[PDB]
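The structure described below contains sulfapyridine.
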Amino acid sequence: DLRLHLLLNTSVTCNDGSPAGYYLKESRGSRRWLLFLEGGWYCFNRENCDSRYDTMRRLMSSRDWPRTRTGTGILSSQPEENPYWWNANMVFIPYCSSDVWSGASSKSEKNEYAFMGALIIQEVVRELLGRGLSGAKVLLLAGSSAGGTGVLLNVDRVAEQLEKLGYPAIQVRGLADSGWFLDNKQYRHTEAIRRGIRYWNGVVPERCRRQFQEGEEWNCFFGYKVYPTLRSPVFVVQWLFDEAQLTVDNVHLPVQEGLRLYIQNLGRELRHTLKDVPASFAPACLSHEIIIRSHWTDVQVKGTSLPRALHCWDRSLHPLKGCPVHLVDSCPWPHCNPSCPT
Ligand SMILES: Nc1ccc(S(=O)(=O)Nc2ccccn2)cc1
Ligand SMILES: *[C@@H]1O[C@H](CO)[C@@H](O)[C@H](O)[C@H]1NC(C)=O
C-alpha cells in the first residue's frame, strides 16, 4: 500500500482547483526512487472537459481519492512480482490535469479549469526532497500512455530542477511506456493536440521548442521527434501494434489486403523509429500499457523479459554479454511473438 499525501502548496491544483498529490511507500534501505505518472487521455476545450468532469472526475479532482493504493507491477515491493526494483522507494502520481502533463496555467476568472501537470511534477519532487529523496542515487521518472508521453516532456526539466536546487549527484532517468505515437495517415478518415497546447498553456522541452519554433510545438508530443533532443537517459517501451494508436487510426479488429498492408506498414514504421534508440523494448503485440500490470514479467523479446532488459540498462549506466538493452521484434503481424498477452 502506498499512502496519499496532498500537496502542501495548495496553489498547485487539479483541474477543478482541488489540491494535487502523490502516493508514497518509503524503503529506507534503498537509494532508488521511482516516480510513476498515471495516464488517461486528455481534454482540449470547455465542452469536452465538461464531459470528462461528469464521468471521469477522479482524473480532474482529488476530492474522491482513496487514502491508499496497492503497488502493482514495477510499483510492487514483492521480488516475485517485480524482479527489477522491488526494494525501491515507490511513488504513484495521479493524473488530474488532463493535459498530457504539459500544462502551466491556473484557474482564474478567465479559465474555468487549471492545467498544471508540468508544475505538479516539480512540486512533488520538491516536497519529496524533505522526505528522503535528498539522499537518492537514482530518480527514475516512469509513466504509461499519456504518462509515458509526460516522461518525454518532463524528464529533462526534473534533471534541471535538481541541479539548480543543489543536488547534482542524483541521476535522473526516464521510462516511457506506451507513449510513443506516430502522426500517420488514418486507415479511414493532431489538431486536438494543437488546440490543447493553447488551451493549457502547454510547455515542451526547450531544445525541441527551438527546433520547431512557435506555432509548431505540437511536434514535441511525438516521441520520435522529441526523443533526439533529450539529454537524460530514456528507456522506451512500446507495443508495435498499440491499441490506442490503432483507435486513432480508425482500425477495429476477416482482414482483407488493404488493412493487412496498413497494419504491416504501421509495424514497419514504428520499428524504424526505434532503430537508433539504444534502450528500448518493442514486442509485436496488439496491447496497450504494461509496466504496472501484475503480469508484466511474462512478455519476452528474443528470449529476454522486460524486467531483465531494465536491469541490463542499469548495468549499462554504471555492450553486455547476455544482457541486452535494445529489444525490438522483427516479425510483422500482431501475436507473431508467442509471449504476447492474451
Ligand atoms: N496519429 C495520432 C496519434 C495520436 C494522436 S493524440 O490526439 O491522441 N495525441 C497524443 C500525442 C502524444 C501522446 C498522447 N496523445 C493524434 C494523432
Ligand atoms: C506554490 O506553487 C506555486 C506554483 O508553482 C508557486 O508560485 C509558489 O511560489 C509556491 N509556494 C511556495 C511557498 O513555494
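Numbers in chain A come straight from the PDB entry, and the residues shown are 88-276, 288-351, 355-419, 428-451, in order. So how was this one determined? The header says X-ray crystallography, 1.6 Å. Indexing begins at 1, ligand by ligand and atom by atom, following the structure's order.
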- Give every ligand number or chain letter for sulfapyridine. ligand 1
- Message: Hey, which chain has the most contacts with sulfapyridine (ligand 1) here? Just the name UniProt gives it.
- Response: Palmitoleoyl-protein carboxylesterase NOTUM
- Item | Those atoms of sulfapyridine (ligand 1) less than 4.0 Å from some heavy atom in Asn271 | 1 (N)
- Query: How many other ligands or ions sit closer than 4.0 Å to sulfapyridine (ligand 1), and what are they?
  - Reply: none
- Query: Do sulfapyridine (ligand 1) and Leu269 have nitrogen or oxygen atoms that lie under 3.5 Å from each other?
  - Reply: yes
- Message: Hey, quick one: what organism does the entry say chain A comes from?
- Response: Homo sapiens
- Give the residue and atom name of whichever protein heavy atom lies nearest to atom 14 (C) of sulfapyridine (ligand 1), and the separation in Å to one decimal. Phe268 CE1, 3.5 Å
- Query: How far is atom 10 (C) of sulfapyridine (ligand 1) from its nearest protein heavy atom, and which residue and atom is that?
  - Reply: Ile291 CD1, 3.7 Å
- Message: Just to confirm my output: which protein heavy-atom neighbour is closest to atom 16 (C) of sulfapyridine (ligand 1), and how far is it?
- Response: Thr288 N, 4.0 Å
- Give the residue, atom name and distance (to 0.1 Å) of the protein heavy atom nearest atom 13 (C) of sulfapyridine (ligand 1). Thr236 OG1, 3.0 Å
- Message: Checking contacts now, so for atom 3 (C) of sulfapyridine (ligand 1), which I'm interested in, is there any protein heavy atom under 4.0 Å?
- Response: yes
- Task: Number the atoms of sulfapyridine (ligand 1) from 1 as they appear, then name those within less than 4.0 Å of a heavy atom of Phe319, with their elements.
- Result: 11 (C), 12 (C)
- Query: Of the backbone atoms (N, CA, C, O) and the side-chain heavy atoms from C-beta on, which set of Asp270 has a member under 4.0 Å from an atom of sulfapyridine (ligand 1): side chain, backbone, both, or neither?
  - Reply: backbone
- Query: Do sulfapyridine (ligand 1) and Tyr129 have nitrogen or oxygen atoms that lie under 3.5 Å from each other?
  - Reply: yes
- Heavy atoms under 4.0 Å from sulfapyridine (ligand 1): which residues of other chains qualify? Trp128, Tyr129, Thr236, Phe268, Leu269, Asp270, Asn271, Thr288, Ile291, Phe319, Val346
